[PDB]
Peer 1: 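Quick one: the structure is below, questions incoming.
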Amino acid sequence: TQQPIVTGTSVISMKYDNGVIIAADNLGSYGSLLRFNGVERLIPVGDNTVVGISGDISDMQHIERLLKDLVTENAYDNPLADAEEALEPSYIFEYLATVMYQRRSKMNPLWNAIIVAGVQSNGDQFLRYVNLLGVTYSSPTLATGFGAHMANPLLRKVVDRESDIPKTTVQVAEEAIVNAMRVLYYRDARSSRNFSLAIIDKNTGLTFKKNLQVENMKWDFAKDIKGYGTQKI
Amino acid sequence: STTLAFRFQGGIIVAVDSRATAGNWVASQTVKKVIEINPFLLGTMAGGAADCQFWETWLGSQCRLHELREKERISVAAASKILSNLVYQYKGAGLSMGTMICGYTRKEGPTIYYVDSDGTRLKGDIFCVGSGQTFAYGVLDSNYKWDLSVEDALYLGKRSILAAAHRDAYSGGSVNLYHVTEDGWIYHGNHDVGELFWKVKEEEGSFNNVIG
Amino acid sequence: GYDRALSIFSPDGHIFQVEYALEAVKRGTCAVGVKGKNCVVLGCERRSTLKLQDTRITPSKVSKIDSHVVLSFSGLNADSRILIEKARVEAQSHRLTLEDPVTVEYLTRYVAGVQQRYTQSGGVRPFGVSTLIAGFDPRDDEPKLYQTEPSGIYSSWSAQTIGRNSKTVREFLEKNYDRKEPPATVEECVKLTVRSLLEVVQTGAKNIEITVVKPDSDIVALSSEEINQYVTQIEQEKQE
Amino acid sequence: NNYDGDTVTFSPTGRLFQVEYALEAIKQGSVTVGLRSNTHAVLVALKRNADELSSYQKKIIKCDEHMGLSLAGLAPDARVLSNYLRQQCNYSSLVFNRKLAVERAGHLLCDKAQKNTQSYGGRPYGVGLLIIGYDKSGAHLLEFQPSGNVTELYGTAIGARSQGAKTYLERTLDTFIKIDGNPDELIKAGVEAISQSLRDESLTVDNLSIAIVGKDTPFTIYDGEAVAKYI
Amino acid sequence: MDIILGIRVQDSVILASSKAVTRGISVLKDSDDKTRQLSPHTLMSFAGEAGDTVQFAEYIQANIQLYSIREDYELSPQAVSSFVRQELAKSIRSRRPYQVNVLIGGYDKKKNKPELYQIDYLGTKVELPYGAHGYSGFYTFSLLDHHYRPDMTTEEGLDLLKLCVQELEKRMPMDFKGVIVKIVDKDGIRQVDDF
Amino acid sequence: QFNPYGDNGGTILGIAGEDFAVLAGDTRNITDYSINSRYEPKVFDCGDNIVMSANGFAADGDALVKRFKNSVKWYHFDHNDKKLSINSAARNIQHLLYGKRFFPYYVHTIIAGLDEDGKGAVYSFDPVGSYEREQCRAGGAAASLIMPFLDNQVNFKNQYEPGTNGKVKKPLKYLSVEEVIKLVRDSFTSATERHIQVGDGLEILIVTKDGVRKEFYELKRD
Amino acid sequence: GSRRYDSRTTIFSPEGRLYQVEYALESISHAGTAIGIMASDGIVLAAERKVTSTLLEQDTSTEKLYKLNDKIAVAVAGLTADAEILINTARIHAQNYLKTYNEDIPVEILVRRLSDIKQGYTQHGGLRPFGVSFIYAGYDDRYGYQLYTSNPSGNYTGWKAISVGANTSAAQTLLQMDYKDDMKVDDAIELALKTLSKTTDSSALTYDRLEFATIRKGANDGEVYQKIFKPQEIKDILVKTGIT
Amino acid sequence: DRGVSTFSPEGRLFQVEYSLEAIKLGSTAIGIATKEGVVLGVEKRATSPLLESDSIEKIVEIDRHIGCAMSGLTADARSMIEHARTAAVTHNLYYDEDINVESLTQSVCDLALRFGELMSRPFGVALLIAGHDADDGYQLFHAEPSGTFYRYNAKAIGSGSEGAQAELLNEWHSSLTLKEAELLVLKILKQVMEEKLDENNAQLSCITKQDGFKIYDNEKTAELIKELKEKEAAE
Ligand SMILES: *[C@@](C)(CO)[C@](*)(O)[C@H](CC(C)C)NC(=O)[C@H](Cc1ccccc1)NC(=O)[C@H](CC(C)C)NC(=O)[C@H](CCc1ccccc1)NC(=O)CN1CCOCC1
């Protein structure tokens, strides 16, 4: 039995024609206090997988160490560690999914929601979710926390089903992700303006973007709003 | 559920309903609440479905192992006590079982043992177990005599379940009848309450509370 | 824990520790079991190099396992106590779970299973003991007599003897015991038992113990004078 | 002599006699052959019988849909080791959703056999194994020895008179390695290889045992009338 | 389980135990014997939590019987009662205690005296001239305080016991379906069939 | 306090024919008022012509299916590639479920296939392992909506022969695979209309002696 | 491994004897003789100390005779250190029985349990047996006055008069010669000392080389008293019987 | 001394090879498998005439569809049978079906090598396990203390095994009837037995799909013994 202390908010992601995009802001909240601002919640594994984690940060750091150790262990007695026997997104996910469910079954969970985004060796897009309960599901768009409520509706307007994936380009997909991050900044009280974004493409590979900012915000209309009903000054 | 079994001149009658509930949701009308342990032993099931079903089939395995080791069919007393000693180990853990081990052996004769999940084990001539046990008792006790014929005893057992199936909201479906003799148990059919009630009402002239 | 495999096979296919345990039985005082038509009698030798004994308190050779079953033995006395204790506990355990006392076959099978377990368990030696288990099953009037031995094998006997000079008394029983007509009465069965011990014992004074077991938990041990009467009667008939 | 009482003792020349005596149990065992191409891997095993009234001892065991082995020596020891492989293959599937590499399979067996050669009380395994499989890096063939030594090969043979089949495969190396996309021809080469280890006896219908795994072929075993094709 | 009484008189101990076994709103049995013979001259009645009662009684019974076989000798009622108390004294600090209250009626053959011991589930032992467990005591003790004499006969004890059962049948809320009466004396244990 | 259970919604349905059996289930996965996936299958081919679904808490559902699939694998290893019969699978699943009697899998399990006489078989399980063979069973969130409809249309309950004065019952008969799929589709469209956790897609697995076939149908996405 | 150095203490010889038990008995046969004699109105325990030195503190010494409880005592023959291990176990066992049944432990029960412990060391555990033989002298209300003996094998037997340790063959012949059933304690005291006096390996039997004890009902009315004799009391009883 | 799990220079386990010598000293047991059933027969070999031969239990039921005969240190077989019976019943509990004869045999043989420095020595007994299942039909297995088991059409174990096996080699064919097999076991037992064969010192049994495993009565076997003697004198 735990209670989360230092927390990370929404992780959002979607599939596009050649790969997957994933994003998450750089905040480490301590309740209502926006305590830590340099927190990286996207963690790459190899050159083909990115694990996005929300929830308790101490448990996130534990998961980082496991993934780091997983890469090391895979390299042992493995001449094809950087080729045919390299770590796949599906391997990394299933490992985490196993751990998450084992921990919930011992009544001592890792208080997180995790999204493993990547590209398989055969070029197929991989995007799957797992959380503290060990619950797993996959979808063309996946999001955690407030992202599930606000980002998914927006991302589903682009990719509403499987057949929309080949029709969606990386430009259109990234634009929707960046828009969703702005909406979350408007409406999620435990979010920050600064965020990281990662693209895993089957052709161009892993592109990790740091220190992005929400921009092109609409605040001007606020000046016209006076009082709460009858005030005209 | 409603289950009964009583001892009489011509052996043992065993009768059960077939309903299974999850709260007010009627989950099944076709549950087998009598377990056939061997040609001379029967076990009735009331309470938690899984608890009864799992541990009474387990009981059957223990009874088989007895007759392999001892080259002799297990006694009704020993069979019941295996089950009672088992549930006693789980006392407090929350098992829910109201069972009756009915059978015949040479040394014992016809015998009935009531065994429940809080460790109670009682030998007796008449028992009714389940949510509708009281309704079954009312009809059974008021019509019971030791000198009942096999035909009348079978009907009284059937009629007592019907009585409970009617009044108890958590009993119904159909009646399963068994008759245990010196030669072993004999199945006396599945009787759907849907047809049985009206057949009994018309022929017997009872159930005048219901709109005919 | 001490793990050593003490009981092991030899090139010729023998387990010497089990066979040396039989030698300990062969050293032990003679014990005999004879079953009649409606009874079983257990006879036991007591060596007479021990005078100044206190027979009130000295452990008796025949031991009650339950009210309806008895156990005598030949071999190591200290080892026998362990088997008797285990058997007595299993007797009460059986009554508790089965709601019925043990059969003589069941009790024998248990004791024999214990003896066997010590022949292939690490860190232990076999029991230097062979037993004669006798009694009557619950609600039964057929006499039962069983034998066990260190190896763990057990079997039923019409009449049997174990211990020192047992081959002599077995020879006697083999020609004197009729399968078609066993000792019809208690007196006949006791006499045949005493006769068989008189082939080996020495004197019929405080050297022979006799215990009679009858149906429905009817067990009694004979006193010196009672046994001496059989000894006196047999010797007078012998001079012929 | 004085240094063969247990596995924990070295001889003066640095030998482990108990490990060598375990190796000897393999030489007494019936011959079995392993060979592979780039697409498929094949096990061929000469089964042995007690007499004409008995059945023929099964030499081949399946470990997963993509991996399995043949045995020579103590069969119960092969059962223990094959069961261990089954679990490890299965652990890899459940936890990582990943088919176990044939190379890791060999490493795991090596380490399991090794622990038995360094500790008091235990004994070495008394069996040799030929593991075949098809994984993400194509077809594979391994040779396991109970000393711990595992070796990846194109082809090999273990058991009594295994030198005959091993010489043949050493000559045929360049031919059978290129039998790609043709199962029956790769088996034929294996059946002709094991034939070089035969004396007085010939390959009959309930004597021969063949197994195969490959690109679009799960690990399957052929016995009885299913091997009559290759005699 | 509810009513268990005990009366020690001049030459015997009389135990009375209710026959009813009730769960819920149903009397499942009206002929239940709430006692076990521990040895030829020692009888134990019991009452308490369902299952625990019999399981405990039979466990004690098996132990006393085992002792009797081992030593070819009958333990005194005092010795048996001390053994029983210790088992309950262990039990109360266990993970799941036996919730069983007992009366041990015995005849000591060495002393030629009847003995009645009352032991509750905590392991609280007392020797008494008359005893009871549960709500029975709230009526029977005061009644016996008045009518009991130490030099009474077994017949006088049975009439005294009838007076208790009548009072209980009058004032107790629950129907306990009468009692099974047993007598323990120099000649062992015997049951009164007509009560 | 940490709550180890959750409700992933959805509903499942099993119907048995004469020489076939179907096991259907919607593809929607939810938590509270949010949709997690519109296509997350929960009806699985487990081998030996046995299809299985464990509806309720998806984590426990997946764990169970995973363990049973593994049980089938080891059954082959230990018993010379013997085919696991549907009755044997059912009993094996009871022990899986009851093994966690004191920390249950929160799922309603249904399996379907063919019995050893080649006839259609459906078995249903409660969370702790009580099981029963039936012609018909719905499980999950919309079971209370679908099940009485099945009683009426599959087992012809409360239906009498016209003009017989409610004396002769409508005779029981096996349904064709075509007629069964009609009932499955209508059951799920009805359930989708009136239950918020049911919708998106319908996936049916049909089992005959020839193997396991699949069919997919769109459902309303609101 | 360690197998090389294992003596295998718990095995049979080809003749069916337990090597270590036999050799432990050989060890005990060199120990100071101890005699127990049971009379109708009490029990005597007499024991010879092993070759005493003149500078040994005699009055505050305990080598042979030990008290188990108020009703039971033992005479030791063999390794003293081994005996004390067993004595503390026996003392505890007696108190467990008293705590359980509120009654003093019957003599045979105590003897059986102590003998069962010895038996264990001959059948399992791979340890050497206890090189000790006991003479138990005690009283209970069932059998009255009782004498037992136990040895390393774990086998125990009851006696009217018995000796353990050195010269038991010669000692047992002398006891068998002069013992009779209607004997009194004071007569048994004389027999015990006379037997030691003849079987001793010393030149002459003196007070400083002896331990002596009686268990009488010589207390006031129906109760048992244990008397462990003081040096001066042994000196007096030795003069009173005319040995010195 | 030396380790329990030691290999000889030839590549065999000393203790397993020595236990095989103990089995050769044991009483003869013969099994014959047919399409109408499997027959199991044993030599009782009473050590003395006072011993009640009906108490000699060398043929044993494992389940209704599986039977067992033994030879060697028969006391060692008790825990092997106990395991087999539990394995058989346990499998029925988990899978609601009879357990395969081969799987049962394999379960028993897994105990065999669980010895060392687990139990202290191998078993000193060989088992003939006969049974029937729906898949492979009527089967006869020979389970050794080496952990190995062979299936046999016919098999003899014990003191007269090599002589009896050579006789079974000639006599066995695939079309043997049950009655023919019964007589064949009696015939071969009478040849290798020391004392003269009769209903008291030899026991027969069989397993059929219909009636399951049955130990024959001494009355039934006696008639088969009489039928056997008449047929041999008839030519
Ligand atoms: C009469 C009818 C009532 O007592 C009979 O006694 C029958 C006995 C027959 C079945 C042997 N008793 C029941 O039907 C019994 C009543 C009951 C239920 C729960 C506890 C005690 C008694 N019913 C059951 O056991 C049902 C049987 C199913 C419906 C076939 N099962 C459940 O209720 C299950 C299991 C409950 C459970 C018990 C112990 C530990 C864990 C769980 N519960 C669920 O399936 C949960 N629920 C169902 C509806 O959907 C939401 C989840």
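So that the names make sense, note that chain A is the first sequence line, chain B the second, and so on, each numbered from 1. We show just part of the entry here, counting contacts only within that part. Whatever order the structure lists them in is the order used to number ligands and atoms, beginning at 1. No hydrogens, no waters, no symmetry mates; every other heavy atom, side chains included, goes into these values.
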Peer 1: Help me out - what's the drug at ligand 1 named?
Peer 2: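 PDB records call it carfilzomib (bound form).
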Peer 1: Name the macromolecule with the most heavy-atom contacts to carfilzomib (bound form) in this structure, as the PDB entry names it.
Peer 2: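 The main binding partner here is Proteasome subunit beta type-5.
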Peer 1: Other chains with a heavy atom closer than 4.0 Å to carfilzomib (bound form): which ones?
Peer 2: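 By heavy atom, the other chains are B, F.
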Peer 1: If the entry models a covalent bond for carfilzomib (bound form), which residue and atom sit at the far end?
Peer 2: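 The covalent attachment is at B/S1 OG.
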Peer 1: Which UniProt bortezomib-binding residues of chain B, if any, have a heavy atom under 4.0 Å from carfilzomib (bound form)?
Peer 2: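 Of the UniProt binders, a heavy atom is that close in B/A49.
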Peer 1: Find the name attached to chain F in this entry.
Peer 2: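 The PDB entry names it Proteasome subunit beta type-6.
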Peer 1: Return only the organism name the entry records for chain B.
Peer 2: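 The deposit lists Saccharomyces cerevisiae (strain ATCC 204508 / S288c).
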Peer 1: Write out the residues of other chains lying under 4.0 Å from carfilzomib (bound form), heavy atoms counted.
Peer 2: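 With non-hydrogen atoms counted, the site is B/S1, B/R19, B/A20, B/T21, B/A22, B/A27, B/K33, B/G47, B/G48, B/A49, B/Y170, F/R101, F/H108, F/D126, F/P127, F/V128, F/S130.
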